[PDB]
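Overview of a structure with medetomidine.
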Amino acid sequence: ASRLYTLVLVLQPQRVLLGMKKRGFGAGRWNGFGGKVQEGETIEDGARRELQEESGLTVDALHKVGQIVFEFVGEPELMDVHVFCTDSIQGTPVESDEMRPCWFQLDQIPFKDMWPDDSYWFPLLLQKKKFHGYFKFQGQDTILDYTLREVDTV
Ligand SMILES: Cc1cccc([C@@H](C)c2cnc[nH]2)c1C
C-alpha cells in the first residue's frame with residue numbers, strides 16, 4: 001500500500017535552492033520541488049514536470065540520489081519518495097501563490113524550518129552519497145523510529 005512521489009534538489013557547488021510552501025502538505029517549511037507521479041508517466045519525467053510547475057526552472061541532467069519511505073501512524077498509504085539532484089538548470093526561480101524560492105549557502109541550511117528527517121539525509125546528499133531510508137512519524141513533527149543506509153545503486 002504505497003503512493004509514488006518525486007523530490008528534486010537544485011544543488012550547486014556553494015548553494016542549494018529551497019521553496020517556502022504557502023499552502024497544503026508541508027506548508028510553512030522550506031521544501032525541495034516534488035509531488036505525485038501520474039498514470040503513464042516515468043518517475044524521472046514526473047520529477048522534471050514537478051520542478052517546472054513549482055519553481056519555473058527547466059532541468060538538463062537529473063541524477064538519482066535516494067529512495068525514502070514515509071509512514072504516518074494511522075494513515076494507510078505509505079509515501080514512496082524518489083529523490084533527485086541537478087546542478088544544470090535554465091530560467092530564474094519564480095515566486096508564486098504556492099511557493100517562495102530562496103538560495104541558501106551550504107553552512108546556512110534552515111533545518112529548524114524543514115521536515116525533521118532532512119537533518120539525517122541532507123548531509124549525505126551534500127557529500128554526493130546515495131541512500132535508502134524509512135521514517136515513521138506521529139503527526140508532522142515527531143520521528144518515532146527510522147533507518148537510513150548508504151547504497152551504490154538507488
Ligand atoms: C509532496 C512531498 C513529497 C516528498 C516528501 C514530502 C514530505 C513528507 C517530506 C518529508 N521529508 C521531506 N519532505 C512531501 C510533502
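Index from 1, following the sequence. Order of listing sets the numbers, starting from 1, for every ligand and every atom in it. Per the header: X-ray crystallography, 1.3 Å.
- Against medetomidine, the chain with more heavy-atom contacts than any other is given by UniProt as Oxidized purine nucleoside triphosphate hydrolase.
- At the top of the distance list for atom 11 (N) of medetomidine, counting protein heavy atoms only, stands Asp117 OD2, 2.8 Å.
- Checking only distances, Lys21 never comes within under 3.5 Å of medetomidine, N or O to N or O.
- Of the candidates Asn31, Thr6, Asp80, it is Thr6 that places a heavy atom closest to atom 3 (C) of medetomidine.
- Between medetomidine and the UniProt O(6)-methyl-dGMP-binding residues of chain A, heavy-atom distances under 4.0 Å are seen for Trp115, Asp117, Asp118.
- If you check which protein heavy atom lies closest to atom 6 (C) of medetomidine, you get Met79 CE, 3.8 Å.
- The protein non-hydrogen atom at the shortest distance from atom 12 (C) of medetomidine is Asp118 OD1, 3.4 Å.
- By UniProt annotation, the domain of chain A supplying most contacts to medetomidine is Nudix hydrolase.
- Defined by non-hydrogen atoms within 4.0 Å, the binding site of medetomidine is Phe25, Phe70, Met79, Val81, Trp115, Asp117, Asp118.
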Are there any protein N or O atoms under 3.5 Å from the N or O atoms of medetomidine? List them with distances, or say none.
from, atom 1, to, atom 2, distance (Å)
medetomidine, 11 (N), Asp117, OD1, 3.2
medetomidine, 11 (N), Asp117, OD2, 2.8

